[PDB]
Protein chains: 2
Amino acid sequence: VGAXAXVXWXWXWXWX
Amino acid sequence: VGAXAXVXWXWXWXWX
């Protein structure tokens, strides 16, 4: 339960 | 301050 809403931003990297 | 560690799984989408 660290904090924020997920670990990072979005899901993946850049855009596939 | 939701929860976790950031806001998603990485940053962006897929992989670039």
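Below, chain A is the first sequence line, B the second, and so on; all start at residue 1. Throughout, non-standard residues carry their parent amino acid's letter or an X, and their further atoms are not counted in contacts. If you're wondering, the header gives solution NMR.
- The drug located at chain B is named gramicidin.
- In the deposited entry, the molecule designated chain B bears the name gramicidin A.
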